[PDB]
Amino acid sequence: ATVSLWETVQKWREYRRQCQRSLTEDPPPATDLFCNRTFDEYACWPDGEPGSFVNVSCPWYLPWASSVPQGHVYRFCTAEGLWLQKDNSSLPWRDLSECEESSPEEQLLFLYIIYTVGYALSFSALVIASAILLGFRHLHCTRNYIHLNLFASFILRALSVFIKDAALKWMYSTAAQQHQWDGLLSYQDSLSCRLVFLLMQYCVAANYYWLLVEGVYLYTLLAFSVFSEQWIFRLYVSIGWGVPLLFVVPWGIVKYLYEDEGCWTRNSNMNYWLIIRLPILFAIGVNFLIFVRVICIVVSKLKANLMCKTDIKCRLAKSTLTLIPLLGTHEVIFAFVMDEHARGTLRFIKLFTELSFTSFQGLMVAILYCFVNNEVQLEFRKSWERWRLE
Ligand SMILES: N#Cc1ccc(COc2cccc(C3CCN(Cc4nc5ccc(C(=O)O)cc5n4C[C@@H]4CCO4)CC3)n2)c(F)c1
């Protein structure tokens, strides 16, 4: 199994709660002059009779606490009833030598750097592409409207991941000592974390639905449904931007009401998470069906003409490589390779690898459908010919 600082802090939470409960639930000694019990971010020492040490077993939240489960952290208090002071008047003396001791933290830090650079290339490419597709009035179709909505979806997704990773600065605090673990959990179980992480869940689902809209619109062009345009366009924008709210807010309400701690991370024994991951899988499967049907149409269309041995293969390969970015069909590979029962560091390493590869779908789309496009080059040439005369 894989453990990291995440699991250590999660165990520390339970240890602190348990020791804090036993701190008051423990009956006080009848005699006096005793040394006062406490919990000082490392272990919960009990009352100690004066003139001798206190022998607490090694805390069990430590990653190495199982190798030697008989070491004792040693502390001494004076026979007058005072914890022994260390030199230079610091925290009371305690002996720690008994129990004491690439990695997933560095791994996660590198996957994070590649993913931020990619989502930051995709953001730049798509903002320039949206500007170009909005500037010229000759590029106003309905398919271009769908493209602009898709680009807006990608930009919103890439802006949400930056807000999650710079709200909580986990990329500096991955080497935190004991005295900072309260400030991590305190921020975790707050409301700002919950809302910043629920916004990300909606911006991730809108992005899959605006790729189901692309697929369905292409299919309805090729399956000859020429229904009333205004009804069709309003229906498409609706299914794009407002269907997520049909499975996000039920999840966002059950998690709010029924959970006491945490920042809406996957629950241990329950399975509340299916309200978000079930429709995403549904949309991925449907878009895969649309992809295979459209390829089945294109292959016959180019088989109908007169072509050599290698030109059909070249054209089919080029068409497929052009269509995988728009319909997001690489997700079906990613959905199979992801374990949906892993929690913690295992889950955070599987998810970040997908996000490193699927972070530059937005640059790929913006370069395939706004820069190597024929008509955009044509419009640039037309505008430069006129500006030549002044
Ligand atoms: N308590 C606590 C604590 C413990 C350790 C550290 C620092 O060390 C370590 C070690 C391993 C991994 C990590 C980071 C790994 C990930 N991020 C934040 C984060 N991105 C997420 C994306 C998707 C999901 C998901 O479920 O889909 C959930 C996501 N989560 C976890 C929670 C959920 C909102 O944020 C949290 C930390 N950090 C600390 F900063 C805080």
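The residues of chain A that appear here are 28-128, 135-423 by the PDB entry count, in order. Atoms within a ligand are numbered from 1 in the order they appear, just like the ligands themselves. Just so it is clear, the values below take in all heavy atoms, side chains as well, and ignore hydrogens, waters and symmetry mates. Per the header of the entry, the method used was electron microscopy, 3.2 Å.
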Drug candidate at ligand 1 among PF-06882961, AMG 487, BI 201335, IDX320: PF-06882961
Largest contact partner of PF-06882961 (naming from UniProt): Glucagon-like peptide 1 receptor
4.0 Å heavy-atom contacts with PF-06882961: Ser31, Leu32, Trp33, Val36, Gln37, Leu141, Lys197, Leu201, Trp203, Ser206, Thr207, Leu218, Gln221, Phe230, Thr298, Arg380, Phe381, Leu384
TM segments of chain A by UniProt number, heavy atom under 4.0 Å of PF-06882961: 1, 2, 3, 7
